[PDB]
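Here, pemrametostat is shown bound to Protein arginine N-methyltransferase 5.
Letters A, B, ... are given to chains in the order of the sequence lines, protein chains preceding strands, and every chain is numbered from 1. Heavy-atom basis, side chains included; hydrogens, waters and symmetry copies ignored. Displayed portion only: the contact tally does not extend beyond what is shown. Start at 1 and go down the list; that is how both ligands and their atoms are numbered.
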Amino acid sequence: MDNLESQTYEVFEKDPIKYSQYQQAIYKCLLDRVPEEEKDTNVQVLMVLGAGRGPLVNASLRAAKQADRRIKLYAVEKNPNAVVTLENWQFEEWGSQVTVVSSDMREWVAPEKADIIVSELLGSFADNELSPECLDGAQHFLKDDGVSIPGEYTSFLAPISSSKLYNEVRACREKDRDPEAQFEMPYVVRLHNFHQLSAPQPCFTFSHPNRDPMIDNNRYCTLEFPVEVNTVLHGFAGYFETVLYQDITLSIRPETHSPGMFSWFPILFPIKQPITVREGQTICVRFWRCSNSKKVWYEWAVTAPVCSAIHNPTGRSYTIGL
Amino acid sequence: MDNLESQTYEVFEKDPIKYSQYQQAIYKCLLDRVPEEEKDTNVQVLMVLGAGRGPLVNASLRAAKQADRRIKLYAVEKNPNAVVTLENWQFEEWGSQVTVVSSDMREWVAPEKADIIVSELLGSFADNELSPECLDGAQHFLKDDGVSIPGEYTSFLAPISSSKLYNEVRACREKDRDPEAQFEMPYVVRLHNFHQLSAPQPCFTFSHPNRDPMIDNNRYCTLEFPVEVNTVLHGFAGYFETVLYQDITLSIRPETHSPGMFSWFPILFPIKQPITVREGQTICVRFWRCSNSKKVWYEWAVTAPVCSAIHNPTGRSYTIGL
Amino acid sequence: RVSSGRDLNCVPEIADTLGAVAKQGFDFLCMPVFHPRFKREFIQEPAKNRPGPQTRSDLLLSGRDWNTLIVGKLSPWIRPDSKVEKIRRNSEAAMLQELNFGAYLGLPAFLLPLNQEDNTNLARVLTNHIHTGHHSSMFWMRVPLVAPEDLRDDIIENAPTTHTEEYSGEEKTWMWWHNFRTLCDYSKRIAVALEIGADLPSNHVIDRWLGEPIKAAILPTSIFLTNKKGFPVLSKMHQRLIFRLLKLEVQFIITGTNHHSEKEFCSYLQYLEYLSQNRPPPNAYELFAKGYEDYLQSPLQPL
Amino acid sequence: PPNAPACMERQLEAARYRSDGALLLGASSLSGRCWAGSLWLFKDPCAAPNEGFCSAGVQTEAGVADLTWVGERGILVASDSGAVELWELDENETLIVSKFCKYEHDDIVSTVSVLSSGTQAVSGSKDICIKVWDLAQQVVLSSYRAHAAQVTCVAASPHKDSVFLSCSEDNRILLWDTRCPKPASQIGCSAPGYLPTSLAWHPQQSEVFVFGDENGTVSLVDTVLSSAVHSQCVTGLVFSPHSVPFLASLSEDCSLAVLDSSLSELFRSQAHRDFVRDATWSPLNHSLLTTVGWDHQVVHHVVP
Ligand SMILES: CC(=O)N1CCC(Nc2cc(C(=O)NC[C@H](O)CN3CCc4ccccc4C3)ncn2)CC1
Ligand SMILES: CC(=O)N1CCC(Nc2cc(C(=O)NC[C@H](O)CN3CCc4ccccc4C3)ncn2)CC1
Ligand SMILES: CSC[C@H]1O[C@@H](n2cnc3c(N)ncnc32)[C@H](O)[C@@H]1O
Ligand SMILES: CSC[C@H]1O[C@@H](n2cnc3c(N)ncnc32)[C@H](O)[C@@H]1O
């Protein structure tokens with residue numbers, strides 16, 4: 001719903017491990033898609049869905065040269081201020097190899113179907129920038145045997161006790177709105193003075209391309225987190241993990257964190273009211289991913305050791321625009 | 001975005017002059033569309049777009065019998081609670097003549113194109129329930145020579161001074177929101193203790209079917225209202241007028257008001273701040289109809305004798321959902 | 001004088017049955033707005049395109065009758081906390097459909113059951129419907145005074161009934177309701193319809209309920225003892241619980257078939273009227289304070 | 001036929017063949033102004049469901065959740081009213097008259113099964129009661145409250161009057177012997193699975209039966225072996241009259257399947273357009289199977 005500024009792109013473009021992971025996913029996919037004897041007869045159709053200023057385009061060029069295969073590139077972007085960068089790059093550098101498209105992927109009628117669709121639409125909680133909805137509206141121009149990079153992603157949650165961050169969400173109260181609205185929204189935050197109470201467990205998972213006859217991106221997941229200390233719960237930390245292609249992966253889960261990758265900080269789903277928790281009890285949290293024709297949102301509640309209140313019912317405090 | 005309750009339908013169904021005006025529009029259109037020598041060979045396709053509980057369906061049956069012609073009826077409704085009424089009527093009374101459709105007209109794929117599309121999607125300010133957007137999404141299943149009933153509608157505005165209604169909008173202040181939000185929204189109200197300062201003048205007009213190559217329902221209109229007394233402006237009254245077919249018309253404009261038609265009360269666009277006005281000065285008001293892919297709203301400002309502030313910029317206080 | 005209602009899951013003709021219960025002596029009716037066996041699919045074909053109409057028509061009754069005489073009932077196959085995903089999804093669609101129809105009709109209240117322990121997804125859907133659209137329809141949560149399982153007959157040879165007293169296990173149903181209500185952030189629109197079983201539970205269970213928002217109390221015909229003549233009556237502990245509820249001022253509801261086939265059905269109702277008239281009389285405090293109950297005033301500052 | 005109603009209600013709930021070859025169907029009106037039920041006898045099955053080409057018809061006061069043949073003229077009916085009613089066939093088999101209609105259950109009666117005697121029956125309801133009825137006396141001999149949720153299915157053993165099955169939405173399957181002072185005994189998985197919905201006794205091993213759950217899986221048990229047959233709830237299961245019987249399964253996914261004894265599918269039909277409600281095997285043509293659904297279809301299948 002909003003378009004990113006130029007410096008935002010610039011900072012998250014300066015992360016090397018991410019884009020080289022993407023390069024290698026493309027490299028392995030190109031090899032497994034055309035054998036050595038087709039390396040000059042067969043041109044692969046590549047569509048960067050959500051191309052930005054062109055770091056995935058360049059990493060596609062680099063991967064095609066690592067793997068000595070021919071590719072036809074399409075750089076689909078929706079933000080026209082970023083398209084100005086793409087079209088200047090295409091003039092003075094990429095040339096005719098890259099075809100720049102200034103459209104939403106869900107709305108773009110494509111000339112030909114794609115062999116591979118590359119996307120970087122992932123958030124701190126995997127699907128919270130709505131990678132699913134977009135790629136489901138763009139898979140209709142994917143070859144019946146096509147490959148999406150990434151191919152799947154999973155979100156993760158872990159209960160945390162932090163009195164500092166609880167106070168900071170509390171201070172985020174704003175006039176002209178619900179005085180408790182600030183606890184009914186997630187925050188991207190670099191967690192520091194906090195206490196993780198139980199190891200992350202997976203929440204919602206999405207796969208691309210999704211060949212189900214009725215696609216439903218809504219979700220409901222119930223997680224039980226055994227805690228072995230007394231403590232007072234203040235929220236849940238959110239992390240994610242994604243399969244780019246095969247064994248090539250990216251993760252901000254602290255157990256399997258990709259090293260030196262500052263591109264994603266964790267997310268934080270607070271709860272209005274601190275919930276005191278004893279040695280040996282279990283923390284049960286429920287999470288819903290709800291959507292309508294216009295927006296998408298998360299609802300969440302704690303049911304054990306005591307119930308909380310359903311947070312963000314109806315997206316009344318926080319919604320992600322389509 | 002919201003579905004009407006059963007008693008709402010019931011009260012606005014009990015207005016005789018409206019539905020008989022509609023009957024006669026249908027009657028005159030049926031005669032001018034098939035001559036006396038086709039009265040048994042030619043079945044007219046009629047689509048009620050926004051059918052409710054079936055008062056327009058019955059008035060279509062009555063008009064087809066007045067005019068001795070054959071019709072094929074479709075009753076398209078989106079509210080499924082009202083569809084329960086339609087489908088029970090179709091079982092025990094209308095029979096196979098009426099085909100009930102439970103869909104949005106913009107989204108419905110139709111079996112065949114229509115000769116006539118009947119709609120009752122009009123508000124106190126004509127287009128404020130979004131008749132335009134809906135009928136533009138439904139005209140693709142209209143015969144290239146088809147007739148929309150109604151065929152056009154015009155909204156009207158007149159400056160008013162009322163200290164009573166100004167105080168009541170003031171009292172409509174609600175917590176958890178902008179303390180001035182209440183003046184940035186229109187109200188359906190039966191104006192009584194008020195002073196109309198200048199005769200209504202037309203604001204926005206829409207025509208159906210709209211055969212323009214680029215349809216743009218957005219608008220900008222500038223009106224100048226000469227006042228011949230000292231007074232203090234508190235808002236603008238809104239009325240409307242609509243051409244059903246030819247000389248058959250409905251109106252709530254006080255000059256040409258359809259008699260005994262209580263179905264529409266006037267609307268009221270207040271202004272935050274009373275604007276004092278002298279004998280002989282002119283009141284200049286600007287009105288915008290703005291829309292995006294998701295909602296539609298009105299913005300408005302006074303520029304003479306002194307500027308007001310642009311009210312409801314960006315739909316921040318009031319929007320009509322698509 | 002007592003406000004009284006009749007519960008049914010079988011109403012073939014709405015006009016007829018509503019007349020017959022009103023002639024019995026009843027003020028209102030609890031019925032299903034859809035047929036309780038008419039299960040509806042929203043996702044998979046071919047069942048999702050089943051041809052309408054889905055239920056009876058709103059025109060069978062006046063706005064006034066739907067507003068003052070009918071009380072909705074959620075179909076019993078609607079189970080949003082099912083363990084089966086497909087079932088949860090259809091039940092969410094079906095709940096929204098039935099609750100929005102009740103809103104369409106204008107129903108003063110709408111019944112929903114708390115018969116298991118986990119009612120979290122049920123609560124959420126209700127919370128969403130509350131916050132979606134502008135209405136004031138009330139919601140009566142049907143929660144039993146003792147849980148089915150804790151009331152069953154000890155006739156399962158290889159799974160007997162726990163004869164050990166459990167203090168907090170007998171307060172199971174209250175926590176079903178405390179959880180449901182806490183999840184919905186204490187909505188004024190959500191109230192409790194307390195179902196009363198055959199054998200009452202230890203007094204502490206009864207005591208932990210009349211702090212709660214009881215708007216209805218449900219009495220089945222099966223709990224009524226027969227007396228000398230042939231009329232339905234109630235034990236003394238059951239009668240005491242009744243006296244409590246009429247003091248807390250609630251609407252009684254009779255469910256179940258006629259089990260005293262020698263006397264008609266209004267006899268249960270007459271028993272209720274009887275106790276109402278034959279209650280401990282109101283004293284000067286109770287007569288005078290009446291009408292001020294639970295009314296909050298800022299305190300007087302006479303300086 | 002005289003006393004027949006002009007229209008039979010759209011939702012066909014039950015269908016059962018008589019030994020001679022007649023088809024009894026029971027239909028309920030689940031939508032629309034009037035919510036009633038009806039019972040019909042078709043001495044020609046390929047004529048179903050025409051009201052004009054039937055041997056006898058009548059209309060009950062309320063919907064028909066389930067019925068079964070009591071002999072060759074009696075018809076046991078599970079009414080939404082909370083009543084179990086017995087309707088009997090005319091001498092000429094052209095009329096249907098209510099013999100008794102007893103209102104003992106406090107909620108929709110959903111299951112009836114007749115015991116091996118034919119003088120006794122058992123009913124399950126949504127009120128959580130199971131009742132044992134004497135069809136002769138017209139009263140309830142015993143009323144059991146063993147379950148903790150609505151009773152979904154009861155299936156009387158084919159050979160012992162004292163023994164019958166029941167399953168409920170409380171995840172319980174009970175085996176009953178009226179001769180024990182604790183009649184019911186709980187069968188099932190070590191761990192809580194999916195709710196059981198349908199019960200069918202085996203016609204040749206007195207200790208073996210099959211049950212289907214709400215997830216679409218059918219299972220074979222002996223007082224293991226299971227297959228995922230349907231995508232949705234298994235509403236019924238019926239054994240063929242063969243020497244070695246075939247198992248018919250019905251689901252809310254509008255499909256029918258016919259399985260052997262390792263529960264390997266052999267026949268598959270999707271002719272039905274709404275929930276496939278009941279299935280009955282022909283007593284004359286053993287490879288012929290009739291099915292009724294909520295789509296007003298009476299469909300006849302040629303099974304290998
Ligand atoms: C340079 C550098 O050393 N540091 C940059 C700032 C800091 N890190 C962050 C991270 C996030 C965070 O996680 N945000 C969520 C976003 O969805 C992340 N994605 C990444 C991919 C991408 C690509 C292009 C444009 C945007 C995005 C957003 N916020 C703000 N500071 C680490 C130090
Ligand atoms: C009976 C009767 O004597 N009186 C009804 C109440 C009163 N009149 C009104 C009018 C409006 C008003 O104008 N609202 C704006 C709506 O868009 C109007 N349209 C009409 C068409 C229609 C059809 C079906 C359902 C809704 C609508 C809404 N509000 C509330 N009270 C006059 C006395
Ligand atoms: C590079 S981080 C995400 C990028 O994808 C772009 N993007 C996100 N969603 C879409 C979409 N639906 N269609 C096209 N580009 C998109 C964003 O505008 C941004 O450039
Ligand atoms: C009778 S007043 C307006 C009627 O038209 C119906 N309606 C409004 N917009 C649409 C739409 N886009 N598609 C179908 N019915 C509509 C409304 O739900 C209501 O029944």
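Counting every copy, the structure places pemrametostat at ligands 1 and 2. Chains with a heavy atom under 4.0 Å from pemrametostat (ligand 1): A. The heavy-atom binding site of pemrametostat (ligand 1) at 4.0 Å consists of A:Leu4, A:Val11, A:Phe12, A:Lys18, A:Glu120, A:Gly123, A:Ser124, A:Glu129, A:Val188, A:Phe262, A:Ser263, A:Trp264, A:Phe265. The protein heavy-atom contact nearest to atom 19 (N) of pemrametostat (ligand 1) is A:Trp264 NE1, 3.8 Å.
Per UniProt, the active-site residue of chain A found nearest to pemrametostat (ligand 1) (heavy-atom distance, rounded to 1 Å) is A:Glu129, 2 Å. Residue, atom and distance of the protein heavy atom nearest to atom 22 (C) of pemrametostat (ligand 1) are A:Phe12 CB, 3.6 Å.
UniProt lists residues of chain A as binding S-adenosyl-L-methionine; of these, a heavy atom under 4.0 Å from pemrametostat (ligand 1) occurs in A:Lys18. If you check which protein heavy atom lies closest to atom 9 (C) of pemrametostat (ligand 1), you get A:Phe265 CE1, 3.4 Å. Among protein heavy atoms, the minimum distance from atom 14 (N) of pemrametostat (ligand 1) is reached at A:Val188 CG1, 3.9 Å. With a cut-off of 4.0 Å on heavy-atom distance, the UniProt-listed protein-binding residues of chain A close to pemrametostat (ligand 1) are: A:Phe12, A:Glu120, A:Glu129. In terms of N/O distances under 3.5 Å, pemrametostat (ligand 1) is approached by A:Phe262. Per the PDB, the organism of origin for chain A is Homo sapiens. The shortest N or O to N or O distance between A:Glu129 and pemrametostat (ligand 1) is below 3.5 Å. Shown here, atom 6 (C) of pemrametostat (ligand 1) is out of close reach of the protein: none of its heavy atoms lies under 4.0 Å off. In terms of polar-atom proximity, defined here as any N/O pair under 3.5 Å, A:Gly123 makes no such contact with pemrametostat (ligand 1).
UniProt domain boundaries put most chain A contacts with pemrametostat (ligand 1) inside SAM-dependent MTase PRMT-type.
By number and name, the other ligands or ions lying nearer than 4.0 Å to pemrametostat (ligand 1) are ligand 3 (5'-deoxy-5'-methylthioadenosine). Among all non-hydrogen protein atoms, the one lying nearest atom 18 (C) of pemrametostat (ligand 1) is A:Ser263 O, 3.2 Å.
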